[PDB]
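FTC-TP bound to Reverse transcriptase/ribonuclease H.
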Amino acid sequence: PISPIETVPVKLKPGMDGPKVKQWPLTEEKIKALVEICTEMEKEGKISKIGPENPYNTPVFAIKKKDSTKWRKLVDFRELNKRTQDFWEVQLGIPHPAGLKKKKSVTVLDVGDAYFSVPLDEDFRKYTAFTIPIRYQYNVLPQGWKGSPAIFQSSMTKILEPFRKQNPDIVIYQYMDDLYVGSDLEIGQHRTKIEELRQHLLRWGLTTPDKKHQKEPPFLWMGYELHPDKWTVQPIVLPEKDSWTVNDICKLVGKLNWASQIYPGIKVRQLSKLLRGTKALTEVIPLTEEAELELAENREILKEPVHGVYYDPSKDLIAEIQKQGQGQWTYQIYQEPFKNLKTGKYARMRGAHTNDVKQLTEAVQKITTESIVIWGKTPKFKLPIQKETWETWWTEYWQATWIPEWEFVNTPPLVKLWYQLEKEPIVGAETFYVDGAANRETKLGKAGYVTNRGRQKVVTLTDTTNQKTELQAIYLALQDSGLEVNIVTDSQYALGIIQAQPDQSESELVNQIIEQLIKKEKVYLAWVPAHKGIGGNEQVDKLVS
Amino acid sequence: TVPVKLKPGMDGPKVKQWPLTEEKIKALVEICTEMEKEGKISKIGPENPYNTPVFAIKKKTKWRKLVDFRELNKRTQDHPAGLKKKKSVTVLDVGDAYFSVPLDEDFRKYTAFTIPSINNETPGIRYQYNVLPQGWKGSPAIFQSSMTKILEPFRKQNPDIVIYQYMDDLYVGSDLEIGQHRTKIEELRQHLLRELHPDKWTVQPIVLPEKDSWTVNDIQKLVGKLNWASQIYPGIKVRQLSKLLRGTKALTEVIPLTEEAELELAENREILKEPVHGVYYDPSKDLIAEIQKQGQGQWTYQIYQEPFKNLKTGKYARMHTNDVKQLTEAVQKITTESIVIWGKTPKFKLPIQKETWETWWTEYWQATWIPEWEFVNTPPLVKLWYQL
DNA sequence: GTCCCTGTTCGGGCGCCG
DNA sequence: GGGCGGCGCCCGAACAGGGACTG
Ligand SMILES: Nc1nc(=O)n([C@@H]2CS[C@H](COP(=O)(O)OP(=O)(O)OP(=O)(O)O)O2)cc1F
Ligand SMILES: [Mg+2]
Ligand SMILES: [Mg+2]
């Protein structure tokens with residue numbers, strides 16, 4: 001039937017009217033499906049016949065539902081969606097099975113014709129006009145309108161509110177019309193409560209047909225198979241083509257990202273790099289050797305069987321993190337040693353220049369937020385980084401950075417800083433004064449150094465910038481110096497970059513500089529204000545100009 | 001009620017709610033159940049397009065709901081000098097008094113907020129306010145007359161006590177002994193049924209190193225620091241100290257200071273004691289607060305409105321530490337000082353990654369207000385400039 | 001000011017759910 | 001074959017803020 005719930009008042013955007021789009025041709029099979037659906041809905045009062053007093057229209061069509069032979073009726077409401085007021089969505093995220101707790105009894109049920117049971121604002125019905133190749137208008141929520149998900153979710157919450165009040169210890173995970181219902185009752189009392197809930201929904205016009213009433217495990221829910229003590233992800237079929245287009249790569253990367261929630265070790269960076277600057281989806285992208293190897297490793301790890309467990313709130317949450325190359329990290333969240341709640345990846349490249357301690361801190365932040373969402377608390381961390389390494393980093397780093405309660409794990413590759421700048425100048429190390437200049441008109445530049453031991457060198461550069469010439473001068477000093485070197489620089493840009501101790505950069509010049517720095521034994525980098533006559537920065541400035 | 005409007009050409013807040021822990025969500029559910037049963041708030045739906053984040057804080061097992069009205073306050077239509085000189089100043093939460101005045105009906109849609117659920121078991125539950133909400137700019141303004149009528153007798157019987165109101169707090173300053181100050185505060189708490197020490201706050205000046213032996217590196221660092229400082233104090237001179245660095249010398253070479261350089265350094269030490277000239281507080285501009293982490297639990301901060309025209313400079317010196325917690329505490333201290341001095345909160349340039357701060361800052365907040373802030377990839381040079 | 005560099009946000013494609 | 005909303009991922013475009021530079 002139709003819910004006797006009150007309607008949600010909606011309005012068009014100011015100064016706009018309803019859509020007047022013309023119906024496009026449809027297949028006779030789609031036409032028959034639509035006429036059957038529409039006769040049924042018109043009998044029940046969910047759609048109403050209209051006349052010439054309705055000047056609006058919007059095209060309709062139908063798709064095959066997930067069920068065998070059922071058709072879903074859709075309306076291309078893109079125009080009305082443009083004209084319609086904004087809403088605040090109430091779906092704040094997706095529930096995850098690792099956040100479920102052990103329940104004695106579980107039921108999964110689904111509301112039949114969910115949208116078509118919630119009434120629509122009368123004043124708005126005018127704008128939902130369509131024509132089946134007979135014209136109708138919607139008295140209920142249509143599928144294709146942008147305001148339907150939020151209105152249905154809010155109405156569902158209002159409907160479930162009295163039952164949740166009366167039954168606070170029955171847990172109802174309410175995704176749009178799918179309801180997971182868990183209780184600590186024996187199976188008979190649980191079924192009695194389920195009948196109470198079904199009668200409550202039916203009182204509010206929401207049927208729960210038996211064909212979608214799951215009463216025994218494994219429960220199919222949100223793309224998972226829920227067992228009493230374990231949960232698995234419904235199987236992921238990754239494409240196995242020989243030619244790869246951009247759309248195929250996007251599909252494969254999406255499937256791998258979806259898989260990484262329970263399969264450890266998934267990597268997508270080399271496959272994602274194939275999508276730089278590509279014009280359209282049909283563009284064929286030949287796989288890189290690195291992308292080939294990454295795909296092979298993912299395919300191999302996807303062959304093993306894996307499952308998750310449910311959350312016990314009387315025990316600790318533990319997130320353990322592992323590092324791979326290319327700025328990629330995996331993590332497992334568990335409570336018992338080899339019983340994962342879930343897994344995940346982290347591969348974001350934050351900034352032009354970074355190191356592994358920064359990326360570990362960022363992964364910790366991401367995992368912390370995800371855990372706050374799923375379980376409402378922060379986990380204890382196991383990290384492949386010495387306490388002394390982190391002590392050094394956060395002692396010498398100018399930014400506020402903090403990792404929550406954590407302990408060291410002995411699994412390589414350990415996170416380490418690859419070089420250390422000195423706090424004091426080095427006795428016995430030659431002193432390089434470096435500088436670079438660039439002409440903003442011709443883009444020609446020079447970089448170079450003088451030394452307290454009489455050496456000077458100047459390199460000419462084309463198609464360069466001031467910052468680039470400063471970095472080149474530092475690089476030249478690193479090239480032409482011994483294992484220990486004092487460098488006085490002009491540029492707080494280059495100084496700020498190097499002081500952060502990057503091991504990875506998108507700049508090739510900064511990568512060469514990093515290589516040199518790792519090769520050295522002691523490096524001291526000092527700064528002086530430019531153009532102040534401070535020797536021997538004065539000499540370098542005169543030279544590179 | 002009084003009609004309240006937004007600023008011309010401005011819409012309401014549309015800020016998404018951030019994840020909350022289980023204890024905060026439970027505290028908010030209980031508080032909102034009580035507020036709804038008392039008529040203070042009402043459930044709303046998605047046809048209201050506005051939203052403002054909400055969370056909770058636990059002070060001293062009693063939780064307090066805190067709504068982040070920064071955007072709404074910023075979009076809403078538009079001071080005792082002796083308070084900063086009082087011996088003791090107590091902060092009193094008087095926000096509950098706002099729940100007795102109804103809110104303009106057409107304005108209520110802008111105060112919407114959403115309570116989330118653990119693991120997204122349930123869509124966000126949305127409410128709007130029916131009364132003057134705590135943390136909104138309009139609440140003290142609209143309640144001002146009632147507050148003055150309440151506080152008139154206590155001010156009359158105590159003319160030497162300074163009571164100032166910021167958004168949800170009364171700052172009560174007295175010069176008498178502790179123990180009697182608490183007695184007067186208790187008397188005022190009795191009257192409201194109808195611990196700071198500002199005279200000890202100190203300024204952290206810029207100081208130059210004192211050595212018996214100076215290397216080329218020491219003098220280069222000193223010259224850089226003085227060249228920066230001369231942007232604030234034009235009396236700083238660097239010529240004679242820079243003279244000692246002519247040529248291409250080794251950083252560890254020892255340079256003896258001439259009489260000229262010694263006199264110049266002494267003059268510069270003296271100049272850094274005088275206060276900055278021509279620094280006038282602009283009520284129409286924002287207070288900018290910069291913070292630098294100096295390490296070992298040390299933090300420096302400057303409050304200014306124009307570059308190099310510092311209104312104040314100071315430090316926060318804590319002693320297995322937590323950088324984020326110390327930074328939030330320093331932010332709250334600086335904001336309290338700014339409220340006491342100028343009656344306004346500053347906009348903070350925070351030396352921290354955005355995600356770190358937004359992940360952990362609500363775990364250490366204890367104030368009823370929230371200042372504006374932004375995040376900075378700070379330069380180590382300015383960090384060296386304010387070192388101690 | 002302009003030019004360069006870096007960081008944020010938002011919108012596009014895909015994936016998952018209904 | 002398409003329409004809708006949420007979340008996720010990654011990438012490019014637009015925009016903001018700050019530093020160095022010319023003459
Ligand atoms: N692809 C989809 N687009 C949608 O707009 N919906 C919306 C949001 S959830 C709602 C569910 O509707 P119905 O109950 O009519 O359809 P259903 O296949 O989920 O279930 P049923 O056939 O009525 O038992 O339809 C679902 C989709 F799968
Ligand atoms: Mg259904
Ligand atoms: Mg230079």
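We name chains A, B, ... by the order of the sequence lines, and we start the count at 1 in each one. We use all heavy atoms of the structure for the numbers below, so side chains are in, but hydrogens, waters and symmetry mates are not. Each ligand, and each atom within it, is numbered from 1 in the order the structure gives. How was it done? The header gives X-ray crystallography, 2.5 Å.
Taking every copy into account, the model assigns FTC-TP to ligand 1. Heavy-atom contacts below 4.0 Å between FTC-TP and other chains occur for A, C, D.
Binding site of FTC-TP at 4.0 Å (heavy atoms): A/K65, A/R72, A/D110, A/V111, A/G112, A/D113, A/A114, A/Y115, A/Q143, A/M176, A/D177, A/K212, C/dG18, D/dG3, D/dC4. Residue-to-ligand polar distances keep A/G112 apart from FTC-TP: every N/O pair is separated by 3.5 Å or more. Checking distances below 4.0 Å from FTC-TP gives these other ligands and ions: ligand 2 (magnesium ion). The shortest N or O to N or O distance between A/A114 and FTC-TP is below 3.5 Å. Entry name for DNA chain D - DNA template 27-mer.
For FTC-TP, the atoms closer than 4.0 angstrom to any heavy atom of A/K212 are 17 (P), 18 (O), 20 (O), 21 (P), 22 (O), 24 (O).
Ligand-side atoms of FTC-TP in range of A/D110: 20 (O), 24 (O), range being under 4.0 angstrom from any heavy atom. Residue A/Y115 places no N or O, backbone or side chain, under 3.5 Å from any N or O of FTC-TP.
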